[PDB]
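Summary heading: complex between chlorzoxazone and Nitric oxide synthase 3.
In this entry the chain letters A, B, ... are assigned according to the order of the sequence lines. Heads up, chain A uses the PDB entry numbers, so what you see runs 67-105, 120-480. Heads up, chain B uses the PDB entry numbers, so what you see runs 67-105, 120-481. The figures that follow rest on heavy atoms only: side chains count, while hydrogens, waters and symmetry mates do not. Whatever order the structure lists ligands and atoms in, that order sets their numbers, starting from 1.
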Amino acid sequence: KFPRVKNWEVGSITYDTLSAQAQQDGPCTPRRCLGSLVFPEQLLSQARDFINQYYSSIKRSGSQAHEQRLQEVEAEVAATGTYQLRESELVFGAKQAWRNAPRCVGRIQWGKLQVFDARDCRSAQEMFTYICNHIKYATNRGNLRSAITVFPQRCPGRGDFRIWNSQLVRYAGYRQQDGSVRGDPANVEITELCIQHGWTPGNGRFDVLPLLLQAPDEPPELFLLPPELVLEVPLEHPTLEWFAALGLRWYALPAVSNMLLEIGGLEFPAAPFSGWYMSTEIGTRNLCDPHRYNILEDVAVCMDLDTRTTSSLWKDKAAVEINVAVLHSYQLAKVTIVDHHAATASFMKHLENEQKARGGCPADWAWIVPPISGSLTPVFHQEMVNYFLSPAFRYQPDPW
Amino acid sequence: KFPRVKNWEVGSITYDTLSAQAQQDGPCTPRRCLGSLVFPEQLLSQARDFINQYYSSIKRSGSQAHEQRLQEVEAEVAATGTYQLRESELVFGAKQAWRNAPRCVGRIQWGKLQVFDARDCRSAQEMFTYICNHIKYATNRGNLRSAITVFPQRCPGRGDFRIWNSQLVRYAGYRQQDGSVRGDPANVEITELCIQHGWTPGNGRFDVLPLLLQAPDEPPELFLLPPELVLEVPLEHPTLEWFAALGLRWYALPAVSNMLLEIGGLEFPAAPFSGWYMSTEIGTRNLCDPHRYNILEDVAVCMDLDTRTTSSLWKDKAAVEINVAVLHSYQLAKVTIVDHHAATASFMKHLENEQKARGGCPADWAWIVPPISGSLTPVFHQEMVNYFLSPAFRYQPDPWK
Ligand code: HEM
Ligand code: HEM
Ligand SMILES: O=c1[nH]c2cc(Cl)ccc2o1
Ligand SMILES: O=c1[nH]c2cc(Cl)ccc2o1
Ligand SMILES: [Zn+2]
């Protein structure tokens, strides 16, 4: 009945009683595990549950106000086929959507999320204004603050609001003529689209891409992000003087803008959220991934390492220094940053907090474990249970 | 219908059609994934399936010989409740078991495995002779060779054969009087059990544990492995001259001996197998895990690193150097070893070969990806499907419980 979860490092044991209530169903079956894979009555049933979650959170479950709310939403659905949330409910939902994200190692700060109600957004122009205000509040001159901006929900009888970009700030990727790619190869598709929509492209490796904001039943409009608002950090190493001369850099604000927020059967196709970076995400993944910037060999060559064979561990050595550079650079530039050790350690605390709160915590082991030095972090030795709880952040198909 | 598996580095795509033939159920349900957790009529069915696999492997499927074999096993089971495997079947079975091990990144070598038939073993003393011969063959003076020794199967009318030790070679763990442990903390239980059974221990950090072998319905007997049979490697660093002075070492032969072998419904509780080490297992797991030798901090301090803050990545630096020392030490000592980069690269080839052969390959992502530099290896960016295929190696409860 209750999955036994053990920590092998310490030997501590707990039981996940929260998974037995997973609203949705995962891809795994008793026949095979696919955990490593990246990817009106029904509405009323999801709505009732959410409202119940809300009233339970303010210790008012079963009250008259609780019953009224349940009845009021059931009435809106019968009359309009859908319903609207109250400000306090959206705030509550958005927070839970983060708390329930299984692949996020930074959930310890879930409760201090700042939600911005942008359900009154009239068009692409206003949408752009909202995104700019979000970036300003979030960046905060380098002292990053977690936040999310919720745009008008999906509704029958019109299209939805959508931010074509995968993140508010992304570097362009130009298909160089010879097969190669200058800039970020992961952004090749979105870059070519920005160009198709009348954008004058650049020729650099770190060109900040414009935003392709789509309004309901309207073609995507192009908007350029004011340079003074997109904070960036020049990369340098504390002892490798030549590093700075590599011209590497990275933006300060990580902000996913292509995921769908779901709250009580309601879907918000546009709701950009952001926090702060964990060193590995930049130094190891974005900079060292073979299908990304792939700078590992270049740096190793500059470190004068024996790259003639794998046994020397030049890749491991190079990656470490690259990560050191990112941490050193971000701290020097007074920009919020967190190393994988501190991050994973805080997540272990989040697990303890959650076990006492709900009796479990949905977590995807594969994503919680950092890309480098896995077994060196406390989460590696921690067994985890993965399941889908609502509210939640979901992946959605590209608008094109 | 069939699970779509994708590689995010290259962009390639395949569909696991073999998972549909998974013989047994795992712990995951559509409600929640548990892949991160470490842990008569049916007999005939499993046996028939195995015989079909064997005859299909030698291109004799549906032949008189095949049909006769199936009849034999049915007759034997109906008469005794079990059956005798033919020599060639045991060989084929053991190989498949390795082939089907989801948590093994070294399966590219599944076909090259020496098999010792010890089904004639009648005592612990004899069980010891078999083991020593295995170690000698497998060790091969440094040029390690994959091998397995299959002891008498589980049957009605008597107890099972067991090897209480989790590996043929492991270091003792002595609980000091201050909460600390001298030696391998992971071996405190097995160490104490050997002592309780009459063995007077040493007091070092690297004491090879005596073998606790058990014959059917008999108490375990102590057996000391001859030092000349246990090949060890002294650890040193190519540049860090002070590393050698740490007096650290490790054995050459990794040999699991607490697992059960399952072939066509038959269970072999004692079937020790071995291969060779992948550097990270020793450098990262055995020496750096906080619950093992935990030398990470001492090494960092010796490296004169700044252990004050975590942002300096002192842990990461020390781990890399400890791994380099293991690779350097084994290469110098002429003892077979492979780094995580070469091992993972070879496993990517295994996936391809298996995609052509059986149309898929069960793999536990969490175990395949090395304990360090995960994203730097080719397997990290590869989707995998985990499931149970027989023949297979299975975990089993400790004989003293
Ligand atoms: C406090 C700073 C935060 C840190 C350090 C952090 C870190 C991470 C990391 C490391 C991942 C995995 C990314 C990858 O390897 O691809 C992730 C995923 C995720 N995080 Fe957080 N996060 C933070 C804040 C937030 C906030 C404010 C939200 C939402 C309100 C959030 C929502 C998510 C979601 C939905 C995912 C899945 C994204 C995906 O798989 O594409 N995170 N986060
Ligand atoms: C040829 C050299 C070999 C290498 C480098 C290799 C490497 C590995 C590694 C790294 C693990 C995971 C250990 C851990 O993380 O705790 C593993 C597990 C395993 N290997 Fe291989 N292996 C080899 C040979 C073999 C052979 C010869 C067999 C069987 C005939 C085998 C059967 C298995 C099984 C069943 C497991 C799972 C063990 C467990 O769950 O505790 N391996 N191997
Ligand atoms: O390292 C990080 N921090 C992050 C914050 C968000 Cl919202 C998403 C991904 C992240 O990866
Ligand atoms: O690194 C390794 N090599 C191994 C060989 C066997 Cl048989 C088991 C575990 C191993 O871990
Ligand atoms: Zn699963």
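- Chlorzoxazone, all copies counted: located at ligands 3 and 4.
- In contact with chlorzoxazone (ligand 3) at heavy-atom distances under 4.0 Å, by letter: A.
- Protein heavy atom nearest atom 11 (O) of chlorzoxazone (ligand 3), with residue, atom name and distance: A:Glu361 CG, 3.6 Å.
- According to UniProt's L-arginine-binding annotation of chain A, the residues with a heavy atom under 4.0 Å from chlorzoxazone (ligand 3) are as follows: A:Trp356, A:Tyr357, A:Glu361.
- For atom 8 (C) of chlorzoxazone (ligand 3), the nearest protein heavy atom (residue, atom name, distance) is A:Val336 CG2, 4.0 Å.
- Below 4.0 Å from some heavy atom of A:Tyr357 lie the following atoms of chlorzoxazone (ligand 3), by number and element: 1 (O), 2 (C), 3 (N).
- In this structure, the protein non-hydrogen atom closest to atom 6 (C) of chlorzoxazone (ligand 3) is A:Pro334 O, 4.3 Å.
- Residue, atom and distance of the protein heavy atom nearest to atom 4 (C) of chlorzoxazone (ligand 3) are A:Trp356 O, 3.6 Å.
- Counting protein heavy atoms only, atom 7 (Cl) of chlorzoxazone (ligand 3) is closest to A:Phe353 CD1, 3.5 Å.
- Of the options A:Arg365, A:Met358, A:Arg183, the smallest heavy-atom separation from atom 2 (C) of chlorzoxazone (ligand 3) is shown by A:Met358.
- The site surrounding chlorzoxazone (ligand 3), defined by heavy atoms under 4.0 Å, contains A:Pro334, A:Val336, A:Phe353, A:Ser354, A:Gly355, A:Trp356, A:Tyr357, A:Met358, A:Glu361.
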